[PDB]
Peer 1: 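I'd like to ask you about the structure that follows.
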There are 2 protein chains.
Amino acid sequence: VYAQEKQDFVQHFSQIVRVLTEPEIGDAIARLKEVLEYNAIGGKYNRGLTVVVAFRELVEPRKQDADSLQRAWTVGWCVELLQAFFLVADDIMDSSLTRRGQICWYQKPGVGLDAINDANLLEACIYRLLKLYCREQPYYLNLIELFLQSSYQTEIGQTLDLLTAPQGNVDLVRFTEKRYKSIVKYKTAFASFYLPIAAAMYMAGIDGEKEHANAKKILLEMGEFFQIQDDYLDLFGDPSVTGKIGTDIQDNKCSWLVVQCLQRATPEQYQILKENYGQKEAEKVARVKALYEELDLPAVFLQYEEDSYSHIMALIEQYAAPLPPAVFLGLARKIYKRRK
Amino acid sequence: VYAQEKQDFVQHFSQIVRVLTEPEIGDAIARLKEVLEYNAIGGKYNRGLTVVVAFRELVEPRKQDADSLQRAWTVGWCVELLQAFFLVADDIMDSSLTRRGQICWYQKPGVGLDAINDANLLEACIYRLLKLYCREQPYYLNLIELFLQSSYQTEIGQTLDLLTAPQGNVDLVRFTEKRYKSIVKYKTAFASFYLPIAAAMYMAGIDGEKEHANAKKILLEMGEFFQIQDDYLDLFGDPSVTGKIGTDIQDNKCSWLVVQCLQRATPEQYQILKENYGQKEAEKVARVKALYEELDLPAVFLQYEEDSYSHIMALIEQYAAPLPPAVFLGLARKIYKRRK
Ligand SMILES: O=P(O)(O)C(O)(Cc1cccnc1)P(=O)(O)O
Ligand SMILES: O=P(O)(O)C(O)(Cc1cccnc1)P(=O)(O)O
Ligand SMILES: C=C(C)CCOP(=O)(O)OP(=O)(O)O
Ligand SMILES: C=C(C)CCOP(=O)(O)OP(=O)(O)O
Ligand SMILES: [Mg+2]
Ligand SMILES: [Mg+2]
Ligand SMILES: [Mg+2]
Ligand SMILES: [Mg+2]
Ligand SMILES: [Mg+2]
Ligand SMILES: [Mg+2]
């Protein structure tokens, strides 16, 4: 049922590539196809599926014609492309090794830093699909501005993420709960959680500022939880399941884990963290992981996950109306107690 | 008069930064200001000035109110930002050392590959300025789509540029006039020449497909000449004037110079080019430069420049109407016989 919905969405990718890859310029188009095939496939497709599922739940079935449904999974694929663009660039800036069970696109021999332009192409494909399928719709401009604003919000979050994580500089003093909340709100919460539901809302004709603000209250909080889970999985997740190798400790990141470590550490443990964090040495990384386990941070995360799920459920009860609670409940079911 | 126009446009940059850089998120905004100050200033401002000059020449002066003029130099600064975004990324992918008389932004200690996200921020600022100043104008959507399409065209050209220039692989067979024309049309001609004039045209209410197609005929040809001049300057330009160190030979680029070399080379000279092109060794680079001089390529360029200027002038006579010829003549005067 949920895997059947996933299969139906993935089966539309062949048409997405086809319409995007329709002279000497043919070699560039062939490279775009390779870029699309490598970087837009292999994930969970939760964002793209959220557009499709929310649209169906928000639009009267007698208004869900063949062209309307096609626009909905096209916009779903635009959200996947936005995610693909940010991940290709993020893997370069985070010096990552693997993504979605395979070597990072930039790590491929013959790709390297050309992946910067490939990431820009993925971003360009969003607006090509919006023009091709939604140009005559009343929500066209609302969708363009939403994808543009979501990109700006993500980039500002990425800036905060990279600034708080300087290579070669100890930045323990900046690893506060307040800084953490700000980074994750902008780098992840806006584009991974608000964007898919707000896109389906605009397509359903729900353009009201108050309805978008109420949806935002639930979704930004859901996004914060999702990034916290991502930070936990960076170190304590199974790479065969997650499809990626963690780098947060080596990269001196303001991870949820380092924030929690600092709140619980003795002065002796603070020194261990200071001497071993944000460095390439495997033994220094192993020393930080041992400290996190000593401070029962996996147990602290399990308790956080329980408290956060109840909080998000309380926000759904307060702010879902007049939207069907299932719109938010479906997405919460998908991400809570997730190990991928 | 022309330098006075330049000074007037540059004097608006302080307001552009101010409105773009208006919580923990303040550190990211401070980084955006640094990114804007470093990368949007130091050039010739020909693209931004073209928007301002063309708008004034296309709009009736009794319709050029204070807000209308402000929108025109704002859109001029959007074109400068588009240029800044592509240059920050291009300098990483081309392994460049200097730009606009200073070290490339990514070469700065403490910047590095974080410059990828900085380049994305510059791109985001275009749509922030368009929303802030042109959202209520009838040409708002035409401007958004024009900047989005110009970016896609540039990125597809960049893809062709990088594909024809593989590191560690001889690609002499692909350095044809046909391939060269395709690369430069997409990577430079569309966004550096069509984009500024088409933006001013849309702001003047000139949205007709036929008028935009005629303008495009002149401007894409002007853009091809401009890229040819850029390729000539990469090797034979004065770096104190150009503000940048050439890398085309080391980067195995499909430069206009290598295309002309291949058309004139004997089998003995073809071998010298094959053994020495696309490599880091300074003596191999010096050997290629000696071959170009032996084949009188600076004289071939001077003759090309004369023939091209006459051709572009013939295109202005055929396609300028009903637009004032001065719109195209001003831009042609600015770029012809340029050494910067
Ligand atoms: O997949 P990743 O690399 O763990 C991540 O979530 C990717 C990402 C990229 C851009 C914005 N938000 C998340 P990160 O933040 O680098 O921890
Ligand atoms: O300024 P540059 O680096 O000489 C150049 O013109 C810059 C550039 C970047 C993107 C598109 N067009 C030109 P390039 O093409 O790399 O020779
Ligand atoms: C914004 C986040 C935290 C990055 C990864 O998102 P996902 O975990 O949803 O990765 P994919 O399913 O798209 O592969
Ligand atoms: C698209 C081209 C060939 C790259 C440089 O353009 P400019 O020579 O106009 O550089 P700036 O004036 O903006 O510094
Ligand atoms: Mg990462
Ligand atoms: Mg990251
Ligand atoms: Mg992570
Ligand atoms: Mg370059
Ligand atoms: Mg280049
Ligand atoms: Mg050049």
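Reminder, nothing fancy here: chain letters follow the sequence lines and each chain counts from 1. FYI, side chains are in, hydrogens and waters are out, and symmetry mates aren't considered; it's all heavy atoms of this structure. Start at 1 and go down the list; that is how both ligands and their atoms are numbered.
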Peer 1: Hey, which chain has the most contacts with ligand 1 here? Just the name the PDB entry gives it.
Peer 2: Farnesyl pyrophosphate synthase
Peer 1: Answer with one of risedronate, flurbiprofen, thiabendazole, lorcaserin for the drug at ligand 1.
Peer 2: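 Of risedronate, flurbiprofen, thiabendazole, lorcaserin, it's risedronate.
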Peer 1: Okay, with a cut-off of 4.0 Å on heavy atoms, which other chains neighbour risedronate (ligand 1)?
Peer 2: A
Peer 1: Which heavy atom of the protein is the closest neighbour of atom 3 (O) of risedronate (ligand 1), given with residue, atom name and distance?
Peer 2: A:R99 NH2, 2.9 Å
Peer 1: How close does the nearest protein non-hydrogen atom get to atom 16 (O) of risedronate (ligand 1), and which residue and atom is it?
Peer 2: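 Going by distance alone, atom 16 (O) of risedronate (ligand 1) is nearest to A:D94 OD2, 2.7 Å.
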Peer 1: Suppose we measure from atom 11 (C) of risedronate (ligand 1) to each protein heavy atom; which comes out shortest, and what is that distance?
Peer 2: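 For atom 11 (C) of risedronate (ligand 1), the nearest protein heavy atom is A:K187 O, 3.0 Å.
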Peer 1: What residue and atom, counting heavy atoms only, is the protein's closest point to atom 13 (C) of risedronate (ligand 1), and at what distance?
Peer 2: A:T188 OG1, 3.5 Å
Peer 1: Which dimethylallyl diphosphate-binding residues annotated in UniProt for chain A have heavy atoms under 4.0 Å from risedronate (ligand 1)?
Peer 2: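 Of the UniProt binders, a heavy atom is that close in A:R99, A:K187, A:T188, A:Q227, A:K244.
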Peer 1: If you have a sec, work out which protein heavy atom is nearest atom 5 (C) of risedronate (ligand 1) and how many Å separate them, to one decimal?
Peer 2: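 The closest heavy atom on the protein side is A:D230 OD2, 3.7 Å.
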Peer 1: Just want to see if risedronate (ligand 1) lands near the annotated pocket: which residues UniProt lists as binding Mg(2+) in chain A have a heavy atom under 4.0 Å from it?
Peer 2: A:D90, A:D94
Peer 1: Which atoms from risedronate (ligand 1) have a heavy atom of A:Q158 less than 4.0 Å away?
Peer 2: 9 (C), 10 (C), 11 (C)
Peer 1: Record the part of A:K253 in heavy-atom contact with risedronate (ligand 1) below 4.0 Å; permitted values are side chain, backbone, both and neither.
Peer 2: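 No part of A:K253 is near risedronate (ligand 1) at this cut-off.
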Peer 1: May I ask you to list the atoms of risedronate (ligand 1) that are less than 4.0 angstrom from any heavy atom of A:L87?
Peer 2: 7 (C)
Peer 1: Which organism is on record in the entry as the source of chain A?
Peer 2: Homo sapiens
Peer 1: Of all the atoms in risedronate (ligand 1), which lie at a distance below 4.0 Å from a heavy atom belonging to A:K244?
Peer 2: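 Near A:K244, the atoms of risedronate (ligand 1) are 1 (O), 2 (P), 4 (O).
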Peer 1: I want to know if risedronate (ligand 1) touches A:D248 in the polar sense, i.e. an N/O pair below 3.5 angstrom.
Peer 2: no
Peer 1: Looking at risedronate (ligand 1), would A:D234 count as a contact under a 4.0 Å heavy-atom criterion?
Peer 2: no
Peer 1: Quick one: look up the protein heavy atom nearest atom 7 (C) of risedronate (ligand 1) and list residue, atom name and how far away it is.
Peer 2: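 I find the closest protein heavy atom is A:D90 OD2, 3.6 Å.
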Peer 1: Which nucleotides or residues of neighbouring chains are within 4.0 Å of risedronate (ligand 1) (non-hydrogen atoms)?
Peer 2: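 Going by non-hydrogen atoms, it's A:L87, A:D90, A:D94, A:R99, A:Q158, A:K187, A:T188, A:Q227, A:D230, A:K244.
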Peer 1: Report every pair formed by an N or O atom of risedronate (ligand 1) and a protein N or O atom separated by less than 3.5 Å, giving atom names and the distance to 0.1 Å.
Peer 2:
from                   : atom 1 : to     : atom 2 : distance (Å)
risedronate (ligand 1) : 1 (O)  : A:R99  : NH1    : 2.6
risedronate (ligand 1) : 1 (O)  : A:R99  : NH2    : 2.9
risedronate (ligand 1) : 1 (O)  : A:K244 : NZ     : 2.6
risedronate (ligand 1) : 3 (O)  : A:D90  : OD2    : 3.1
risedronate (ligand 1) : 3 (O)  : A:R99  : NH2    : 2.9
risedronate (ligand 1) : 4 (O)  : A:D230 : OD1    : 3.4
risedronate (ligand 1) : 4 (O)  : A:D230 : OD2    : 3.0
risedronate (ligand 1) : 4 (O)  : A:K244 : NZ     : 3.1
risedronate (ligand 1) : 6 (O)  : A:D230 : OD2    : 2.9
risedronate (ligand 1) : 12 (N) : A:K187 : O      : 3.1
risedronate (ligand 1) : 12 (N) : A:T188 : OG1    : 3.0
risedronate (ligand 1) : 15 (O) : A:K187 : NZ     : 2.7
risedronate (ligand 1) : 16 (O) : A:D90  : OD1    : 3.0
risedronate (ligand 1) : 16 (O) : A:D90  : OD2    : 3.1
risedronate (ligand 1) : 16 (O) : A:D94  : OD2    : 2.7
risedronate (ligand 1) : 17 (O) : A:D230 : OD2    : 3.2

